[PDB]
Trainee: 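Right, I'll just put the structure down here and ask away after.
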Amino acid sequence: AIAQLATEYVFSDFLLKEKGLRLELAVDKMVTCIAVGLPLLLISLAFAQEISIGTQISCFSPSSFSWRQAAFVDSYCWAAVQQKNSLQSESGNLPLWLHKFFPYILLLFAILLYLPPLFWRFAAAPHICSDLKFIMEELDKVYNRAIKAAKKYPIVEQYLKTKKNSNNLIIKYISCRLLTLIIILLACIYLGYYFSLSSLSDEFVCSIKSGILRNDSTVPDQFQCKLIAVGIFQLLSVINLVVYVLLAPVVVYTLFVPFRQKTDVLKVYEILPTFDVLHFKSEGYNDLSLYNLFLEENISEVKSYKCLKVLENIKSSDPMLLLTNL
Amino acid sequence: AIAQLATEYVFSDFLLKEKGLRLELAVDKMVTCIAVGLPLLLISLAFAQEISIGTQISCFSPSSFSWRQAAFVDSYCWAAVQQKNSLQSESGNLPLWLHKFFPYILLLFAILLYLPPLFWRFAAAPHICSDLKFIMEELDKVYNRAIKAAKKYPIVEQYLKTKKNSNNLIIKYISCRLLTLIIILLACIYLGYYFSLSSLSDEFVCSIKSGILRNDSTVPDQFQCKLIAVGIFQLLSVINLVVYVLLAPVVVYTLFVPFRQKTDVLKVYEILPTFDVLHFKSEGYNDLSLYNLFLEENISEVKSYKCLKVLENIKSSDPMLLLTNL
Amino acid sequence: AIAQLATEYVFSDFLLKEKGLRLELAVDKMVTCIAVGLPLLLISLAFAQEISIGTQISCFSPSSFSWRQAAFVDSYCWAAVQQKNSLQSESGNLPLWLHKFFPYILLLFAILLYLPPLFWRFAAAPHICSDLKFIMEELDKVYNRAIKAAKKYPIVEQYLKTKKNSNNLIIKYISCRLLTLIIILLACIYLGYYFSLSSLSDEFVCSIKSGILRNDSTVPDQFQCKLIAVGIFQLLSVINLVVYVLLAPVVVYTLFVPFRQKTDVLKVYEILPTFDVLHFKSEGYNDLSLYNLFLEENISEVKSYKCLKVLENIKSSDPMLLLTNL
Amino acid sequence: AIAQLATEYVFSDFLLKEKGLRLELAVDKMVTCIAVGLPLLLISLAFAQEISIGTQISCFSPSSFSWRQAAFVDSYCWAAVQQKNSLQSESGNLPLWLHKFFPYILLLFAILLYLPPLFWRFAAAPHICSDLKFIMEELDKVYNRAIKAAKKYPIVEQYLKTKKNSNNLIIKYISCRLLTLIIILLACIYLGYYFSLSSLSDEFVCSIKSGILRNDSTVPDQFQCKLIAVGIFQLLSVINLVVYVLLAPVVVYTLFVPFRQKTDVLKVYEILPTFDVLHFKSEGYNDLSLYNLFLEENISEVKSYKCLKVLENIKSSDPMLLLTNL
Amino acid sequence: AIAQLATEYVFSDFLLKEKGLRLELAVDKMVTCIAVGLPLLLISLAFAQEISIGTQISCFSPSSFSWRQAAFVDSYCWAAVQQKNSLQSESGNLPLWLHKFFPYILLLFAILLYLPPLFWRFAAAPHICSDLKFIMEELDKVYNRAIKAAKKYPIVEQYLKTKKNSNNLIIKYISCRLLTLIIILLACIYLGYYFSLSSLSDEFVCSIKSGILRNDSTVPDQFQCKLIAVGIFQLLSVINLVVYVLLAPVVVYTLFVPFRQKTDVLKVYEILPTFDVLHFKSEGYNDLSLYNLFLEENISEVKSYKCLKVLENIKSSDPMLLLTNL
Ligand SMILES: O[C@@H](c1cc(C(F)(F)F)nc2c(C(F)(F)F)cccc12)[C@H]1CCCCN1
Ligand SMILES: O[C@@H](c1cc(C(F)(F)F)nc2c(C(F)(F)F)cccc12)[C@H]1CCCCN1
Ligand SMILES: O[C@@H](c1cc(C(F)(F)F)nc2c(C(F)(F)F)cccc12)[C@H]1CCCCN1
Ligand SMILES: O[C@@H](c1cc(C(F)(F)F)nc2c(C(F)(F)F)cccc12)[C@H]1CCCCN1
Ligand SMILES: O[C@@H](c1cc(C(F)(F)F)nc2c(C(F)(F)F)cccc12)[C@H]1CCCCN1
């Protein structure tokens, strides 16, 4: 059912569950889930039980034709939207090709939108995963040492600086998001072209006259056929186009990594006396700018950051309290 | 539904899940999943609920024929694409054979593409599994001994050298990938031949005249039949051919084992004082070249390598810090 | 769907999962899975949704006959391939019997191929299971004692010798594999005979004239019927015959137990000083020859064998290292 | 599908899984699973998707009759195999009754074959369960005491003797197996009678003339009907009869409890010095003869029996080794 | 399928699983499962895929009537077995009412048979549950104290006596079993009356003449209708009646609580020296008579009772052995 479909896609997890670590920050998962599942959701809505009257093409055989003769006419003209010579139409052969393969094309866009998140989930996900969990563990060790002192060389600061120098991972990230934006724009171009079709493009005339039926006495020369659900495809197309047009500015915002403005989440550790590491922050296209965003995603999960952020918040309203907080 | 099919194949795990150890390195799993599942995905897309109008062959019986007489004509000509004498066609009997058994042939290619990964998952997978987990355990023991020293005979170096001498496992690996490449090229040849068919090959004429109906007064001599979804098969064929043509250079890259260039992942252990083992690396077709790749897959999972790689990265930006890192 | 069927049989576990111990060595599981599941897979492929046009037999009733009268003709002639007198055919009654009961016969061969692995999984599996896990535990105890010595009577050697004397279990194993080979050859004989049928054997004429219709004025004397999917059965038959013809040499290789040549897997324990047991190996048809093969299957899982095999491999490139390896 | 059915019954567990203890010894589970599931398997094979052409009875209404009039004729004669007066047939009313209720009768035999294993699984299963696990625990305690001595009153011997005196449980067991054998013989009698039917018993003539249609001008006096799949029922009947005829000697062998000849499995404990209990064995119809068989099923699972049997086997090739074995 | 139905009801658990404690003793679960599930099993067998020819009522419209006109006739007469005036029949309106609502009536009997076990599983199950597990725990404590003594006031004896005085729980139990017996007898009365119907009760004549069709020129006055599967209902009715007639003596045996004769299961604890409690047993309708039966169900699960019963059994073939048994 359509409601079972809605629970399957919109209200279920879908590509959201896949625990301690989150290697796909906010917006990414949101953008990927909407962009991938909305062609799937709208295809499945296109052919729901309630909305599909029946056979997609009907062709108006004469009354003299039998049941299976009309079945031949319908099935032949369904197959004969493909070849050029068999049919004539005012719009042309290309919009009928789009009408037949609308769900194929939208599923192709869904898979194409799934490709850059997948290439992220293999090529760059283990590196960000291992590096971020190591940084979380090291920061927990630093706070444990500070708490022990309250009751030599900071590895985290220099390991943060050497990734400030590197920019391979951000190049992978911006390549993923740029491919996603390009595919969204191409899907917008297709959906705008498809919805802008006259809606008489589904109307066409086909002749069942190839082969021996070219020189048969009693067959109609041509058969009026309509591709049913083309209007449903156009309605779902404008819906998909509207949602993708809303989604594309979010992706363009996602491209600008340094503008995202993490609100001094790493600066909270600078307040502690022992933790002299991680004072600075990125101001450009580097790996560290992306590490700051994945940190700002995953740092609330850290044991110590929440306590030290509470210590910072009460200041926002002497470090004796920190010893007391433990 | 087509969307349920897409979630079943593209977005689900498929042949990806099957934890601590990964005995199928990157690209392999990617190439195997795409090459195996894309014939499955495109077959299931070929006969989706929306795209299938109904019966695959219709044959245009006369109006005088009843419903089940036309059913006989359709079913007989479906069966009679097989035998040579029963039908005549401009293209021939072979393309009609391909049209009837297109999903059989693509599933045969999917299983044939699944064979070399399966022969890897039995013949060579236990050996690489046991050897790699032993190497991981030994390297963890070496780092534990080094950390204990900081706070005689390295088995790993000589056990690495004796596999430098051996080349049975790489012969198995290159045999698997060569069989995969050969099957991909054969599938490309078939899909190029199938898509290059004129698309009037589906059109054919069959006579329901074998047996007693040879000398019956009132039956048509021949019946115009079209194999519906042959154009859908050709569209999915060019899609499969395009994806496999993209996939084949990746397999050819996968053949060249020593060119893969692990970026001194084993050299990180040379920096430690106690770990004097594993200084060198392969420069040819040996088992060690494949062990380096499986190592570079699985070494990020190792406890010690990540810490010692952080120690190497800060140098990239005295070993006192290592004692401090613990 | 056919792709769901393929994931159910070829790509899923099937008779592969059913952990620490493997009481069905390599090839056995491979041969059993292919031989059992390929009739199942090809039957399910025979009647897939895409390939089945509809009713399996159609019979060309006259136009005067109604819908349910033609349904009677089809259903009667389906039932009347059984009895001899009701029909006449050029090939005979036996090939039509095979055409009706092709999936029954191939499923019978699948179950018959499943019988010897099942009789192995009950009659001989507990004995090999208990004996092999006891041998693994005893060898682990021997290596633990050797490691303790490095830092009286070997039970394993004499318990190995007394099974060298016995040959009941190998008789059970060779009986299982001989029954499997005989059933494979019988299936090859059937599939070769079935594929060699002319493919006009499906064509036959039946008379709906038994009982009161013997002396009815207006019924045709005989009705041209074709058994649809017989050509599909013949194509799947030659596929099954080709795969079984490939499989039979593997079973014949599996019969020769002593020729299998375990590569001194038990000899690795002879290198240790304390482990003076298990020096020799079989050179004939005994239980010990089969125990060597199940050992060579399961010995990589053993804790100590991998370490001592690494010690042997570095030698292949004084036992001081063993004390160091621990 | 038929292959899904085969995986559901033959290749799945079925009545095999239902861990440490096995209260249904070998052959019993085998005989119960085959005898119960083979009527189920052959019924489900009788009405598979491929083998069922459609409606089971067709009756050849005149061409003047409409679609639903022929539907009435088919449905009425299906119902009117029951009453005697409505139909006439050469064979009689009883074989048509068997043809209509063949799957009911075979399922009745399946449930009747399931009754004695069920009455075993309630009436006698807890007693054999508790007694056998107590005997296993006591024998483990005896070997633990013997191992402690190596490094007064044996309860097991007298508790074994008092069950030598009793014979209630063996009476229950032989009653179960005798009921199973009697039901197998009755099923063999039915299947032999059913297969021996002429196969024109399915042919019969029925009159739709009860009630107001007795005195209606235009209806045929009688309608030629065939019960389709009766030949399929006869083929499956001879298959079931052959398998049950093979199964019945196994049940007759299962009746003779003392002849089963446990190979001195309890005598292995006599070799130990401390374990002076359980020297003798049954030579008649007693509870102890059945306890020996359930012991010989479950004693390989025991920790100590395997070690002491290894000690016995090396002798088969001074008890110093036992102290060493531990 | 019918075989899937059989695995769902007969061979699966059904109302058998619902672990340490069993608050529904033997026979109860057996009687409840058979009595509840056999109407369910026979209803599901009544409308299996193989046995149902199609529409349950067919009515023999004239040939002039169209397809949907005959559909109206069938559907109207199905609805018009309800009202008295619309139809006339030799048997009457009541047996046609039973024929239409046979599965409703048998499901009503199944639910009515499920009511007394359900009222047991709420009203009396917690009390017997808590009391029996407390008695098991107290007896285990008594044996632990006796074993400690071997190496003041018995609460169990007086707590057993005060429930000897009470009879509320046995009144609930006998009310449950009496309601079950009464419902079984009522179902037997119904099934005997239903099977004793002439089997021409399914034959009836209905007039589609209410409303505007009372004064329409061309409709038949009355239509011969048969309710198909009424004979199947009668066969399943005699099967259900036979099984319930067998079941009713078991329920009548279950009513006599004190006659059930627990074989001195509580007397085994009297043999121990410390356990001076629970010497006597019931000889009438009391709560203690039911507690003895639930004890004899659940006492084999007790740790100590099995050991002390082994001590009693060897006597059946000085208490020094008990100290030795521990
Ligand atoms: O909730 C899921 C969802 C799916 C889809 C669609 F269609 F992609 F599957 N569409 C949605 C729409 C929309 F407006 F687009 F319809 C609005 C809101 C949520 C939608 C998503 C969103 C991100 C987090 C959870 N998975
Ligand atoms: O995601 C799965 C996938 C399957 C398939 C197909 F069809 F093989 F099943 N096709 C895919 C395409 C394609 F472009 F080919 F359509 C593009 C991207 C992913 C595809 C794969 C890939 C590897 C890791 C996870 N399993
Ligand atoms: O992978 C499974 C498989 C099944 C089948 C079939 F058909 F038996 F089910 N056929 C297969 C073919 C074949 F060429 F025969 F088609 C080729 C490769 C694998 C096949 C098997 C094999 C052994 C280990 C895992 N189970
Ligand atoms: O494997 C299962 C099986 C079921 C059936 C049937 F039909 F009873 F379900 N038939 C079988 C046949 C037969 F020859 F009879 F077909 C041969 C071999 C195994 C069969 C059984 C057997 C006992 C252990 C596992 N459950
Ligand atoms: O096994 C289950 C079963 C159900 C049914 C029915 F029909 F109630 F569901 N009928 C049965 C018949 C009968 F003869 F009655 F058919 C005979 C034997 C067992 C039957 C029951 C029995 C009690 C323990 C397990 N649940």
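Naming: A, B, ... by sequence-line order, numbering from 1 per chain. First listed ligand is number 1; within each ligand, the first listed atom is number 1. Keep in mind that the numbers below use all heavy atoms, side chains included, and drop hydrogens, waters and symmetry copies. Be aware that this covers only part of the deposited structure, with contacts counted strictly within it.
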Trainee: Would you mind finding the main macromolecule in contact with ligand 2 and telling me what it's called in the PDB entry?
Mentor: Pannexin-1,RNA-directed RNA polymerase L
Trainee: Quick one: what's the drug at ligand 2 called?
Mentor: (11S,12R)-mefloquine
Trainee: Return the chain letters whose heavy atoms come under 4.0 Å from (11S,12R)-mefloquine (ligand 2), other chains only.
Mentor: A, B
Trainee: Would you mind listing which atoms of (11S,12R)-mefloquine (ligand 2) come within a distance below 4.0 Å of any non-hydrogen atom of B/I34?
Mentor: 8 (F), 22 (C)
Trainee: With atoms numbered from 1 as shown, which atoms in (11S,12R)-mefloquine (ligand 2) lie under 4.0 angstrom from a non-hydrogen atom of A/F122?
Mentor: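 Counting from 1, the qualifying ligand atoms are 24 (C).
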Trainee: Just which atoms of (11S,12R)-mefloquine (ligand 2) are under 4.0 Å from any heavy atom in B/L41?
Mentor: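 With B/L41 as reference, the close atoms of (11S,12R)-mefloquine (ligand 2) come out as 6 (C), 7 (F), 9 (F).
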Trainee: Under 4.0 Å, heavy-atom basis, I'd like to know which part of A/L112 is in contact with (11S,12R)-mefloquine (ligand 2): side chain, backbone, both or neither.
Mentor: neither
Trainee: By UniProt's count from the N terminus, which transmembrane segments of chain B have non-hydrogen atoms under 4.0 Å from (11S,12R)-mefloquine (ligand 2)?
Mentor: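 The heavy-atom check, in UniProt terms, returns 1, 4.
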Trainee: Answer side chain, backbone, both or neither: which part of B/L40 comes under 4.0 Å from (11S,12R)-mefloquine (ligand 2), heavy atoms only.
Mentor: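 No part of B/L40 is near (11S,12R)-mefloquine (ligand 2) at this cut-off.
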Trainee: Taking N or O atoms only and a 3.5 Å limit, does B/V10 qualify as a polar contact for (11S,12R)-mefloquine (ligand 2)?
Mentor: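 Checking (11S,12R)-mefloquine (ligand 2) against B/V10, an N or O pair does fall under 3.5 Å apart.
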Trainee: I want to confirm something. Looking only at heavy atoms, which of B/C33, A/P117, A/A110 is nearest to atom 26 (N) of (11S,12R)-mefloquine (ligand 2)?
Mentor: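 The residue whose heavy atom sits nearest atom 26 (N) of (11S,12R)-mefloquine (ligand 2) is B/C33.
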Trainee: If you measure from each non-hydrogen atom of B/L38 to (11S,12R)-mefloquine (ligand 2), which part falls under 4.0 Å: side chain, backbone, both or neither?
Mentor: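 B/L38 to (11S,12R)-mefloquine (ligand 2): contacts from backbone and side chain alike.
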Trainee: Give the numbers and elements of all (11S,12R)-mefloquine (ligand 2) atoms closer than 4.0 Å to a heavy atom of B/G37.
Mentor: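 Within the 4.0 Å cut-off of B/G37, (11S,12R)-mefloquine (ligand 2) contributes 6 (C), 7 (F), 8 (F), 9 (F).
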Trainee: Any idea which residues from other chains are within 4.0 Å of (11S,12R)-mefloquine (ligand 2), non-hydrogen atoms only?
Mentor: A/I111, A/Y114, A/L115, A/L118, A/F122, B/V10, B/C33, B/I34, B/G37, B/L38, B/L41, B/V243
